[PDB]
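Structure first, then comments.
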Amino acid sequence: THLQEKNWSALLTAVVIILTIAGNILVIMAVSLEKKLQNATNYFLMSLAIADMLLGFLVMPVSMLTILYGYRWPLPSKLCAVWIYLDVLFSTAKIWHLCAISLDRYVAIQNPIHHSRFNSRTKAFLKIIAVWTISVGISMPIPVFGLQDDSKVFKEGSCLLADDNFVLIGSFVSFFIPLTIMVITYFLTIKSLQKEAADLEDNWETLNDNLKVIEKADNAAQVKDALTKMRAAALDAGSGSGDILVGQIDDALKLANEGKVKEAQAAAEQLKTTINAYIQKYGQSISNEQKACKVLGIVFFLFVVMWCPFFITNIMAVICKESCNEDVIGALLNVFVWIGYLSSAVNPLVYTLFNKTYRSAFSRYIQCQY
Ligand SMILES: Cc1nc2n(c(=O)c1CCN1CCC(c3noc4cc(F)ccc34)CC1)CCCC2
Ligand SMILES: CC(C)CCC[C@@H](C)[C@H]1CC[C@H]2[C@@H]3CC=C4C[C@@H](O)CC[C@]4(C)[C@H]3CC[C@]12C
Ligand SMILES: [Zn+2]
């Protein structure tokens, strides 16, 4: 039966709604409770999850109500523009949250002391508020012109963004520009991390060369010279983390400055083991940045690929009003809108897959074990 089609569409819509709300609430709880997940990127991801939850709680159920009424808007006229504004607001906020994550992490890894433990919570919160304000500013044209003009938000009785200029400018400002920025920033990030690993290997090379020089030293002058080169290398290798290693090298360097050559050589001998350990630690930190980069790239790819069919079909239907068939186009737009909405529910599953802390948190939350 063809009414069974409406029943199935509404049912699958409800499935997507419940999945979105539940998963993003799980992400909210994970970021709100775990102190192991309290850096800037996780604050951005929790803001992202609340945005997706607001989308799945205020916008997607109204879309289900719309698809139940034969796509005829049953609510008051102003609520159509309000609902389109909220929809565009939350989706634009999501994509620009992703863009801000990419850019912020890139700018961070640019800073030569970005491995220090001192990160400010308030700065990340201010960035999140700035992104939400950007989203509100991008979405304001719909309330401005939509409440003034009933025709720009209504399309044959149906509550759709009918202005072609609005559609194209919103596709560019809200989807295409942040997508391109995301791609560029991601590839620049992989290049910067490669540079980081290369510099770390160079620091290790310097450390080994000067340890070997110290092992065969004769007088205090060359001991101090090799220890100075070692101190520079070790300070560079920490990427601002801040450890005992440079302090131990300074202890050996004091021994060298006093003229004690044998004791300085013994100190360098202990430093050899300490240096191997710390170098491996720094390499592991770089590898962790690489893994986080790839996971966030998976997130970006899933979101963009799931929203791409809708934007493709929408811009195409704006271009060809009669060249292309519009019944199949309307069916495609329905299906692709709901795929893009499914993108909002996909994220917590991805957090579960490639993150052990998120997965443990969710496994303990399903059983209510806090
Ligand atoms: C409910 C509905 N139902 C129908 N149609 C609709 O367009 C709609 C509106 C669908 N909104 C979903 C979010 C979109 C969006 N805005 O900004 C973004 C930025 C992003 F990164 C990703 C996505 C977006 C804009 C449209 C037309 C066919 C008939 C049924
Ligand atoms: C705790 C941290 C990490 C997240 C903070 C999220 C804050 C900044 C977000 C969450 C929900 C957001 C609000 C959701 C909806 C609207 C309606 C819009 O027309 C004006 C902005 C406004 C009022 C948003 C302001 C920013 C907001 C309050
Ligand atoms: Zn780093």
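Numbers here simply count residues along the sequence, with the first being 1. Counting starts at 1 for both ligands and their atoms, following the listed order. Side chains included, hydrogens not; waters and symmetry mates left out as well; all remaining heavy atoms used.
- What sits at ligand 1 is the drug risperidone.
- In this complex, the main macromolecule engaging risperidone (ligand 1), as named in UniProt, is 5-hydroxytryptamine receptor 2A.
- Lab note - ligands/ions near risperidone (ligand 1) (< 4.0 Å): none.
- Checking heavy atoms within less than 4.0 Å of risperidone (ligand 1), the transmembrane segments of chain A hit, in UniProt's N-terminal numbering, are 2, 3, 5, 6, 7.
- There are UniProt serotonin-binding residues of chain A with a non-hydrogen atom under 4.0 Å from risperidone (ligand 1), namely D87.
- The model tethers risperidone (ligand 1) to no chain through a covalent bond.
- Measured on heavy atoms with a 4.0 Å cut-off, the binding site of risperidone (ligand 1) is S63, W83, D87, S91, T92, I95, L160, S174, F175, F303, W307, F310, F311, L333, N334, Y341.
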